[PDB]
Every structure is written in structure tokens, then in C-alpha cells.
Enquirer: 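Encoded as C-alpha cells, here's the structure I'll be asking about.
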Amino acid sequence: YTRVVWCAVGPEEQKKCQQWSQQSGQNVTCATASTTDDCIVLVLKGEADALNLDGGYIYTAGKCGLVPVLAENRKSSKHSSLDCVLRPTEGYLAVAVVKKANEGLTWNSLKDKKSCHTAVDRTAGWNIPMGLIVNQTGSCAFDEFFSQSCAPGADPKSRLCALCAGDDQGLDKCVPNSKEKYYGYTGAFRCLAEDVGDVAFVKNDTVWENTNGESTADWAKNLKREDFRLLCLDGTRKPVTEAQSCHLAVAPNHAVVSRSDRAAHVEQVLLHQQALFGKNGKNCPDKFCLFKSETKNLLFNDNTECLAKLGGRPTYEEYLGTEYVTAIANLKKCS
Amino acid sequence: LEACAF
Ligand SMILES: *[C@@H]1O[C@H](CO)[C@@H](O[C@@H]2O[C@H](CO)[C@@H](O)[C@H](O)[C@H]2NC(C)=O)[C@H](O)[C@H]1NC(C)=O
Ligand SMILES: *[C@@H]1O[C@H](CO)[C@@H](O[C@@H]2O[C@H](CO)[C@@H](O)[C@H](O)[C@H]2NC(C)=O)[C@H](O)[C@H]1NC(C)=O
Ligand SMILES: *[C@@H]1O[C@H](CO)[C@@H](O[C@@H]2O[C@H](CO)[C@@H](O)[C@H](O)[C@H]2NC(C)=O)[C@H](O)[C@H]1NC(C)=O
Ligand SMILES: Cc1ccc(-c2cc(C(F)(F)F)nn2-c2ccc(S(N)(=O)=O)cc2)cc1
Ligand SMILES: [Fe+3]
Ligand SMILES: [Zn+2]
Ligand SMILES: [Zn+2]
């Protein structure tokens, strides 16, 4: 046993991590950086041990030698006696979401429209839709496809950041952390909800979790699921209840990564921390809930039931799967 | 394909 130093991305995660640190009696402590890429460099330097990453960022971390440790597991759809920690993960569905009232927008008419992305380099927000678009258009000029976008982590003066809003004060426009109003799954879906954009690239669960009273958050509390449609790759639009037949890809769940030399320790500490603070952990809700943050998905997604053990001690390529890896590789050829 | 980005 040593202490595990977690890396928080931006100040809202830093505050949650400090609460966790306090509750864990400094079994976990906190390092903080402004972007996920900077947290990954902190882990490579050995100045932090671990953080939880979207698959696109697991690709970056894994090219640098970091390894997957445990994966987010949300509620299974299909029955299982299996304990959450031992259950195989079922990826999530990457979708393209639009307003029902924006009639006649389909997959085939996205050129020159306004788009909302979780962040450059993330799976559902970026790698899957821009990979598909580069391929279908035969051009690497994916920075000129949409007329304007919010794609946190792109050049703040470029059209890919034209729609980003920055923080409370309008500072930090387009930074890829939760201070940007339109960052991440919930930020990109808010960008669509507010009709800042015409299309949001998020995951199926985002739409459900921020509609029909599922969020009380001020911009979401009044949104109705029937006012949204999914874009299918065949050019059709479906209701958001049809994501199993109308998605862009199945994504590998977000997962914790660490240096190889610290993975075993990180895994043990985390399994013990979720026993205390995870979904009905000994001390959640009374002292601290590791997987809650009032819908902001800070450190972990709010829909996480547990962090689950991986089968086969996978390398990052085995975890992401060979198809997704080659999709990312192909897209990164553009820049 | 190649080296670490950093
Ligand atoms: C902080 O970490 C320590 C180290 O593992 C924990 O102390 C252990 O508690 C277990 C029960 O879970 C005891 O059987 C052992 O005596 C302790 N282990 C060691 C190595 O001394 C402690 O429970 C942790 N606390 C929190 C709040 O995270
Ligand atoms: C899309 O996401 C939603 C939200 O996660 C899924 O709906 C959940 O499904 C589980 C069982 O499968 C239920 O126990 C939850 O109550 C549902 N949540 C909500 C807010 O309704 C939905 O199944 C996903 N759709 C697909 C095709 O995967
Ligand atoms: C974009 O197109 C490339 C080129 O076809 C796709 O890459 C191929 O993917 C298949 C299936 O995984 C492999 O068998 C081929 O070897 C890959 N080709 C190359 C040149 O590597 C890629 O999957 C497509 N991107 C998306 C997001 O669908
Ligand atoms: C229900 C479900 C769950 C995950 C996936 C999936 C998709 C992908 C990809 F390639 F499409 F990205 N990988 N990938 C995946 C592959 C291997 C592992 S591993 N090595 O840990 O067993 C973990 C995840 C698919 C369906
Ligand atoms: Fe993701
Ligand atoms: Zn599919
Ligand atoms: Zn293997």
C-alpha cells in the first residue's frame, strides 16, 4: 500500500477529487492539470498515478505506454447474476442527435451546418463522426466541413471553436475541461438543446439522462425526449428510443489508465475505494459518492455503477479493439 | 501509428 495520486482535469474535478481525498483519509490524493493531455503527461512523469479516460484518450495514453486498469460499467441492459465488478463491459452507443423541429436535417445534409462535440480526440464526440465524415467526403479538410462548431481542444480562433462559450465569465472559451459551458457529453448536448448547434455528437445515454425530468439542472429540466431525433447513417431520422438501430458506432467504455508499474496498486486501491464510495458503497450517500457530481460527469461518468475488472490483462489496443484503433489511426493521418 | 505524441 501507498497513496494513489489521481489526476483531475480542471477545477471542478479538482474540487471533487479534494473531497474524495479528504474522505479516503489521504489514501487518494490529487494532482490537477488543465487538459486531459496534460494529466496524461503528469502520469508519464510519475507526478500523478491514474485517471479515468474516454477511449480516444486511452489511445493517446496507450501510445505513450500507459495501460488500462479497470473500466466503467453502467447498468447492464440484459440480466446478470454476475457482480458488477466481474461483469463484461458493454460499450456505449455513439449517436448524432438533432432537434425534431429541424426537419430534413439528416446524416446526408450535415455539410455547412453547426455542430457540437464533446472534445477533439474523444470517441463519440470526435473520432467516430469525423472519421466517418473524412472517409465519406474523401477529404482531410474536416475543419471546413461544418460552418461553425464547438469542439473543445481545437484552436480557439478557428471555426471549430466559434460556438464554444467559455466559463461563467466568458473566459477559457474552448478549453477541453468542464469550465467550458459546452464541454463533454452534457455540454455538447446542452449546445444542441440551446440551438447553438444543429447536431450534437454524444452517446445514447446522454439524451436520456438529460431529458424528461432526469436532470433538474436549469438548462435541462424542461427538455422532452420527443423533441429530439437520432441521425442514422442510412439517411433516416429516428426517435431516441431507437439508438440500437440508429448509431454511428459502439464505443469502448471509459477506463482508468496508469503507468504499467503502478497498475496493480492503483487497481487495489480503487476496488477498495468503490467499496466505500461507489454505488451503494458503505459510505455513499452519507459521506461521499465517487460516481455522482450532479450530472457533470466529474472524474467518472455519473451513470457508472462500478469500475470493473478487465478480462485478459488487455493492452490498450486489445481494450479499444482493432477496428477502433485503425479508425483512429486513419483519422490522425489528416493532422 | 508511430511514437508517443509527447
Ligand atoms: C486507507 O488505507 C489503509 C491501507 O490499506 C486502510 O487500512 C486497512 O484497513 C483494513 C480493512 O479494510 C485493515 O484490515 C488493515 O488493518 C488496514 N491495512 C493496512 C495495510 O494497514 C484504510 O482502511 C483506508 N481508509 C480509507 C478511508 O480509504
Ligand atoms: C440508451 O440510454 C438509456 C439511458 O441509459 C438506456 O435506458 C436505461 O436502460 C436501463 C435498462 O436497460 C434502465 O434500467 C434505465 O432505467 C434506463 N434509463 C433511463 C433514464 O430511462 C437505454 O436502454 C439505452 N438504449 C440503448 C439502445 O442502449
Ligand atoms: C475510414 O476508412 C478507413 C479506410 O477504409 C477504414 O480503415 C479500414 O478499416 C477496416 C475495418 O477495420 C480495415 O480492415 C482496414 O484495414 C482499414 N483500412 C485501412 C487503410 O487501414 C476506417 O475504419 C474508416 N473509419 C471509420 C470511422 O469507419
Ligand atoms: C458490448 C461491447 C463492449 C465493448 C465493445 C468494443 C468495441 C470496440 C471497438 F473496436 F469497436 F472499439 N472495442 N471493444 C472492446 C474490445 C475488447 C475489450 S477487452 N480486450 O478488454 O476484452 C473491451 C472492449 C463492443 C461491444
Ligand atoms: Fe466517450
Ligand atoms: Zn452497430
Ligand atoms: Zn492480450
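Throughout, a chain's letter reflects where its sequence line sits, starting with A, and its residues are numbered from 1. Whatever order the structure lists them in is the order used to number ligands and atoms, beginning at 1.
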Enquirer: So, counting contacts under 4.5 Å, which chain has the most with ligand 4? Name it the way UniProt does.
Expert: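 Most heavy-atom pairs belong to Lactotransferrin.
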Enquirer: At ligand 4, which drug or drug candidate appears?
Expert: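 Answer: celecoxib.
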Enquirer: Find the other chains whose heavy atoms come closer than 4.0 Å to celecoxib (ligand 4).
Expert: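 The other chains in heavy-atom contact are A.
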Enquirer: Which other-chain residues have at least one non-hydrogen atom less than 4.0 Å from celecoxib (ligand 4)?
Expert: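 Heavy atoms under 4.0 Å: A:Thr89, A:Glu90, A:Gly91, A:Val250, A:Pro252, A:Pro314, A:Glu318, A:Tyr319, A:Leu320, A:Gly321, A:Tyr324.
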Enquirer: Suppose we measure from atom 19 (S) of celecoxib (ligand 4) to each protein heavy atom; which comes out shortest, and what is that distance?
Expert: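 Closest protein heavy atom to atom 19 (S) of celecoxib (ligand 4): A:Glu318 O, 3.7 Å.
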Enquirer: Okay, neighbours of celecoxib (ligand 4) under 4.0 Å, other ligands or ions only. What have we got?
Expert: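 Neighbours of celecoxib (ligand 4): none.
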Enquirer: Looking only at distances, can you tell me whether any N or O atom of A:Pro252, backbone or side chain, sits closer than 3.5 Å to an N or O atom of celecoxib (ligand 4)?
Expert: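 Between A:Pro252 and celecoxib (ligand 4) (N or O atoms, distance only) the closest approach is not under 3.5 Å.
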Enquirer: Give the residue, atom name and distance (to 0.1 Å) of the protein heavy atom nearest atom 24 (C) of celecoxib (ligand 4).
Expert: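 Ranking protein heavy atoms by distance from atom 24 (C) of celecoxib (ligand 4), first comes A:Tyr319 O, 3.0 Å.
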Enquirer: Which UniProt domain in chain A is home to the majority of contacts with celecoxib (ligand 4)?
Expert: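 Those residues lie mostly in UniProt domain Transferrin-like 2.
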Enquirer: For atom 22 (O) of celecoxib (ligand 4), grab the closest protein heavy atom and report residue, atom and distance to one decimal in Å.
Expert: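 Ranked first by proximity to atom 22 (O) of celecoxib (ligand 4) is A:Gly311 O, 4.3 Å.
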Enquirer: So which heavy atom in the protein is nearest atom 9 (C) of celecoxib (ligand 4), and how far is it from that ligand atom?
Expert: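 Here the nearest protein heavy atom works out to A:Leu320 O, 3.0 Å.
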Enquirer: With nothing but distance in play, are any N or O atoms of A:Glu90 less than 3.5 Å from an N or O of celecoxib (ligand 4)?
Expert: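 Between A:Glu90 and celecoxib (ligand 4) (N or O atoms, distance only) the closest approach is not under 3.5 Å.
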Enquirer: Which heavy atom of the protein is the closest neighbour of atom 7 (C) of celecoxib (ligand 4), given with residue, atom name and distance?
Expert: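 So the nearest neighbour among protein heavy atoms is A:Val250 O, 4.0 Å.
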Enquirer: From atom 4 (C) of celecoxib (ligand 4), is the closest protein heavy-atom distance below 4.0 Å?
Expert: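 Flag for atom 4 (C) of celecoxib (ligand 4) set to true, protein heavy atom closer than 4.0 Å.
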Enquirer: For atom 2 (C) of celecoxib (ligand 4), what is the closest protein heavy atom, and at what distance to 0.1 Å?
Expert: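 Checking every protein heavy atom, the shortest distance to atom 2 (C) of celecoxib (ligand 4) gives A:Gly91 N, 3.2 Å.
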Enquirer: Please tabulate, line by line, the atom pairs linking an N/O of celecoxib (ligand 4) to a protein N/O at a distance below 3.5 Å, with the distance in Å to 0.1, or answer 'none'.
Expert:
unit_1: celecoxib (ligand 4); atom_1: 13 (N); unit_2: A:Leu320; atom_2: O; d: 2.7
unit_1: celecoxib (ligand 4); atom_1: 20 (N); unit_2: A:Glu318; atom_2: O; d: 2.7

